[PDB]
Structures are given as C-alpha cells and as structure tokens.
Student: 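Shown below is the structure under consideration.
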2 protein chains.
Amino acid sequence: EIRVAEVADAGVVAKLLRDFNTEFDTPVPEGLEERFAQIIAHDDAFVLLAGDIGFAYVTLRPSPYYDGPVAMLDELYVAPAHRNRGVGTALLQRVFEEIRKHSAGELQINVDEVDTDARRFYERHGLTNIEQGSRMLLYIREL
Amino acid sequence: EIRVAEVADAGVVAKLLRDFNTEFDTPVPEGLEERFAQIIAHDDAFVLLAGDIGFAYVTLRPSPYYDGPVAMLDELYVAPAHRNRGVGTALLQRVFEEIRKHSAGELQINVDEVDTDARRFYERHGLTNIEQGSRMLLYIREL
Ligand SMILES: CC(=O)NCCNC(=O)CCNC(=O)[C@H](O)C(C)(C)COP(=O)(O)OP(=O)(O)OC[C@H]1O[C@@H](n2cnc3c(N)ncnc32)[C@H](O)[C@@H]1OP(=O)(O)O
Ligand SMILES: CC(=O)NCCNC(=O)CCNC(=O)[C@H](O)C(C)(C)COP(=O)(O)OP(=O)(O)OC[C@H]1O[C@@H](n2cnc3c(N)ncnc32)[C@H](O)[C@@H]1OP(=O)(O)O
Ligand SMILES: CN[C@@H]1[C@@H](O)[C@@H](O[C@@H]2[C@@H](O)[C@H](O[C@H]3O[C@H]([C@@H](C)NC)CC[C@H]3N)[C@@H](N)C[C@H]2N)OC[C@]1(C)O
C-alpha cells in the first residue's frame, strides 16, 4: 500500500535511492539517510513509500503563479522486479492526491530524453513536455 | 548595481514579470504583487533586481544529495531596451554568488527549446542540457 514516509523510514528511502543510482551507474554521496531524515522532518517535502519496493520524493516550492506551491517529483522509482504491475501508477496517483492537499498549482518532473519508458509513462498519466508549442528543456550546473 | 529585492520591491518585481509574460503572450495571474511580497519575505526564495529593468527569481528546495539546497532560476528577464549590454550576464553571475551563500549544490533552469538565443546565453555561462549523453526534458501538469 502507499504511505507517507516518517522520519524513521529514512533508511528504506535511502536504500531505494541507492538502488536507483546503482541501476544507472551513478555514484551517490555519503549521508543519504541522514539527509532524508532531516528533509522528511522539517522541510516542505515528502516521500511516499510503496512497501519497501518503490518511492516518490516530492518537493514543494513557492510560485508567484499560484497561492499554493509548485511541486516537483524529484525522484520516482520502483524496484525492477516490481515494475509493470501498477506500482508506479499508484505512486503517481498518490503524488497528485497529496499535492492537492497543499493546493499545488502544478507538478513538474525532469526526465532524460533517452528514458522513453518513463516518458511514455508520464505522457500516459497526464504530463506534457510541451508549453506554448515548444518542448521544455532542463539546464543545470553542478556546484 | 544588482541588489537582493526586499518586500518593498514587490511592486517592481510584479511589473517586470507582467511585462515578461505580456511580451511572450503567456498568462498573467492575479495578485502578483501580493504574492511576491509573501515570497520575498520567506527564506526559500529570493529575487535579484537590476535597477528596475531586469530581475532573476530563484527558489531553493531540499535534496538528499547535498547539505544545501537545489536552486532553480524560475524566471530571468531583462527589459527589451536593455538587452545585449551585459545585464543578464550580471544577473546570472549574482545568482551563482547568492546561491553559493546558501551552499546550493546545483542550479537548474527550465528553458523552452525554441528559445535559441536564451539557450546560447546559458550554455556560454556554464549550464548544460546534457546528462550521460542524453538531453534533459521537463514534463509538467497544470493543476
Ligand atoms: C528503455 C527505458 O526507458 N528503461 C528505463 C529503465 N529504468 C528507469 O527508467 C528507472 C526508473 N523507472 C521506474 O522505476 C519505473 O519505470 C517507473 C517509471 C516508476 C514505472 O513504475 P512501474 O513499472 O511500477 O509503473 P506501472 O506498473 O504503474 O506502469 C507502467 C506500465 O505497466 C503497464 N500497466 C500497469 N498497470 C496496468 C493496467 N492496470 N492495465 C494495463 N497495463 C498496465 C503499462 O504498460 C504501463 O506502461 P505505460 O507507460 O502506461 O505505457
Ligand atoms: C528562467 C527564465 O526565465 N529563462 C528564460 C530567459 N529569458 C528570456 O529569454 C526573456 C527575454 N530575454 C531576456 O530577458 C534577456 O535577453 C536574457 C536572455 C535574460 C539575457 O539578458 P541580456 O540581453 O542582458 O543578455 P547579455 O547582454 O548579458 O548577454 C547577451 C546574450 O543574451 C541573449 N539574448 C539577447 N537578447 C535576447 C532575446 N531578445 N531573447 C533571448 N535571448 C537574448 C543572447 O544569447 C545574447 O548573446 P549574443 O551576443 O547574441 O551571442
Ligand atoms: C505552466 N508551467 C510554467 C513552467 O513550465 C515554468 O515555465 C518556464 C518559466 O520558468 C520561464 O518562463 C519565462 O520565459 C518564457 C519565454 C522566455 N519563452 C516563451 C516566457 C514565460 C516567462 N515566464 C522560462 N524559464 C521557461 C518557461 N517554460 O515556470 C512557470 C510555470 C507557469 O510554472
């Protein structure tokens, strides 16, 4: 079932994020668990857990366009053996439900162009890459 | 010079954002001044002003990857008569300075693909759309 993570669940969330990065051959910094414990307790952010096999990490930030925040689904992951059985759909549905309790004006998600399965999933569940007739790109600088 | 906006500057910020959205024929929400006054008073966002002719609006949000926030340059605009003279460069250099005071681990920016001149500007100043050989895309749902 989906539930909202408590501070004491930080270790499970961190493990799943580590698994996600390992799946993508990306090294992870130390301290994921300690940071997730802090974020879950104190910040305008939440984590949803599907048992111990999937999670969603959402941040809520201010926007002049809305009375409520703009939400970002910063991380969404289901463990590979549990995919294609509706877990990601359930997590994303619960994301929409939870951000609606905050009157969020919009949900954003960053995705690599090459991740066509994720893109297909998001496009089939109501998200779009198009604004004013153009694709939207994410630019970053790591610091 | 460039300055960090105060609550008293909400009117000038709101005017500039209205002008930006009018130029690009994108919608303008009601209540921009009052919302900016609220946003500027809080700890997780700031606006930089170049006189009354340009602005940067930055939000800060938590990440498990860093002790500091992830910053997002949600809006960057210079009035048309003042472009191509280095104002945008100065604003972006002050964005990096200010987010360094917060120990931000990354800067992110949403950029329409069609905005080729803005994209050249960001690439010239150290931002990248590429991660592991793939372009990064933004997906949204308005709510
Ligand atoms: C090539 C490439 O890109 N590789 C990427 C490899 N790794 C990653 O990207 C890592 C991160 N990604 C993830 O962790 C996971 O991918 C995700 C992104 C979180 C997804 O989480 P789940 O797999 O749990 O999601 P789901 O099961 O809820 O839905 C997924 C698909 O299941 C089928 N389905 C489910 N329910 C039903 C139903 N009731 N009726 C009919 N069909 C159904 C349907 O076909 C659907 O596909 P469609 O997208 O709607 O067309
Ligand atoms: C978060 C967010 O909202 N992101 C979107 C960015 N916002 C916009 O697109 C709104 C409209 N544009 C501006 O608001 C401002 O123009 C910018 C984008 C902040 C830059 O400010 P400046 O004009 O002050 O720049 P600059 O003088 O420091 O450096 C000069 C270099 O700017 C580029 N440049 C000049 N003129 C335009 C132009 N009309 N359109 C697009 N690019 C332009 C060009 O690349 C030039 O380079 P080149 O010489 O032609 O090679
Ligand atoms: C409806 N969603 C948008 C979101 O995608 C996001 O839009 C960005 C927004 O942060 C920012 O938009 C500005 O730049 C846009 C222009 C330069 N391209 C048309 C015009 C609208 C103007 N507000 C640009 N960085 C790119 C634009 N797609 O932020 C505002 C929003 C209302 O939440």
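Every chain is numbered from 1 and lettered A, B, ... according to where its sequence line falls, protein lines coming before strand lines. Per the header of the entry, the method used was X-ray crystallography, 1.4 Å. Each ligand, and each atom within it, is numbered from 1 in the order the structure gives. Note that these values count all heavy atoms, side chains included, but never hydrogens, waters or copies made by symmetry.
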Student: Quick one: what's the drug at ligand 3 called?
Tutor: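 At ligand 3, it's gentamicin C1.
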Student: State which chain has the largest number of heavy-atom pairs within 4.5 Å of gentamicin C1 (ligand 3), named as in the PDB entry.
Tutor: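 The largest contact partner is Aminoglycoside N-acetyltransferase AAC(3)-XI.
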Student: State which other chains have a non-hydrogen atom nearer than 4.0 Å to gentamicin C1 (ligand 3).
Tutor: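 Other chains under 4.0 Å (heavy atoms): A, B.
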Student: Which residues would you count as binding gentamicin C1 (ligand 3), with heavy atoms within 4.0 Å?
Tutor: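 Non-hydrogen contacts come from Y65(A), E106(A), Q108(A), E131(A), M136(A), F20(B), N21(B), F24(B), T26(B), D74(B), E75(B), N110(B), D112(B), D115(B), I140(B), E142(B).
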Student: At a 4.0 Å threshold, what atoms of gentamicin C1 (ligand 3) neighbour a non-hydrogen atom of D115(B)?
Tutor: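 So the answer, numbered in order with elements, is 16 (C), 17 (C), 18 (N), 19 (C).
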Student: For gentamicin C1 (ligand 3), which atoms, with element, lie under 4.0 Å from some heavy atom of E106(A)?
Tutor: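 With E106(A) as reference, the close atoms of gentamicin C1 (ligand 3) come out as 1 (C), 2 (N), 3 (C), 4 (C), 5 (O), 31 (C), 32 (C), 33 (O).
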Student: With respect to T26(B), determine whether any N or O atom, backbone or side chain, lies less than 3.5 Å from an N or O atom of gentamicin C1 (ligand 3).
Tutor: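 No - when backbone and side-chain N and O of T26(B) are compared with those of gentamicin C1 (ligand 3), no distance drops under 3.5 Å.
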Student: Within the 4.0 Å heavy-atom shell around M136(A), which atoms of gentamicin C1 (ligand 3) are there?
Tutor: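 This gives 5 (O) as the contact atoms.
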Student: List every atom of gentamicin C1 (ligand 3) that sits less than 4.0 Å from any heavy atom of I140(B), numbering the atoms from 1 in the order shown and giving each element.
Tutor: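 Under 4.0 Å from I140(B), gentamicin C1 (ligand 3) has these atoms: 1 (C), 2 (N).
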Student: Within gentamicin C1 (ligand 3), which atoms have a heavy atom of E75(B) less than 4.0 Å away?
Tutor: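 Once the distances to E75(B) are compared, the set is 11 (C), 12 (O), 13 (C), 22 (C), 23 (N).
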Student: Between the protein and gentamicin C1 (ligand 3), which nitrogen or oxygen pairs come in under 3.5 Å, and how far apart is each?
Tutor:
{"unit_1": "gentamicin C1 (ligand 3)", "atom_1": "2 (N)", "unit_2": "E106(A)", "atom_2": "OE1", "d": "3.1"}
{"unit_1": "gentamicin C1 (ligand 3)", "atom_1": "2 (N)", "unit_2": "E106(A)", "atom_2": "OE2", "d": "2.9"}
{"unit_1": "gentamicin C1 (ligand 3)", "atom_1": "2 (N)", "unit_2": "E131(A)", "atom_2": "OE1", "d": "3.0"}
{"unit_1": "gentamicin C1 (ligand 3)", "atom_1": "5 (O)", "unit_2": "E131(A)", "atom_2": "OE1", "d": "3.3"}
{"unit_1": "gentamicin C1 (ligand 3)", "atom_1": "5 (O)", "unit_2": "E131(A)", "atom_2": "OE2", "d": "2.9"}
{"unit_1": "gentamicin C1 (ligand 3)", "atom_1": "5 (O)", "unit_2": "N110(B)", "atom_2": "ND2", "d": "3.1"}
{"unit_1": "gentamicin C1 (ligand 3)", "atom_1": "7 (O)", "unit_2": "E131(A)", "atom_2": "OE2", "d": "3.1"}
{"unit_1": "gentamicin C1 (ligand 3)", "atom_1": "10 (O)", "unit_2": "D74(B)", "atom_2": "O", "d": "2.5"}
{"unit_1": "gentamicin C1 (ligand 3)", "atom_1": "18 (N)", "unit_2": "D115(B)", "atom_2": "OD2", "d": "2.7"}
{"unit_1": "gentamicin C1 (ligand 3)", "atom_1": "23 (N)", "unit_2": "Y65(A)", "atom_2": "OH", "d": "3.3"}
{"unit_1": "gentamicin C1 (ligand 3)", "atom_1": "23 (N)", "unit_2": "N21(B)", "atom_2": "OD1", "d": "2.8"}
{"unit_1": "gentamicin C1 (ligand 3)", "atom_1": "23 (N)", "unit_2": "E75(B)", "atom_2": "OE1", "d": "2.8"}
{"unit_1": "gentamicin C1 (ligand 3)", "atom_1": "23 (N)", "unit_2": "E75(B)", "atom_2": "OE2", "d": "3.4"}
{"unit_1": "gentamicin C1 (ligand 3)", "atom_1": "25 (N)", "unit_2": "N110(B)", "atom_2": "O", "d": "2.6"}
{"unit_1": "gentamicin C1 (ligand 3)", "atom_1": "28 (N)", "unit_2": "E131(A)", "atom_2": "OE2", "d": "2.6"}
{"unit_1": "gentamicin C1 (ligand 3)", "atom_1": "28 (N)", "unit_2": "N110(B)", "atom_2": "OD1", "d": "3.1"}
{"unit_1": "gentamicin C1 (ligand 3)", "atom_1": "28 (N)", "unit_2": "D112(B)", "atom_2": "OD1", "d": "3.1"}
{"unit_1": "gentamicin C1 (ligand 3)", "atom_1": "33 (O)", "unit_2": "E106(A)", "atom_2": "OE1", "d": "2.7"}
{"unit_1": "gentamicin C1 (ligand 3)", "atom_1": "33 (O)", "unit_2": "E106(A)", "atom_2": "OE2", "d": "3.4"}

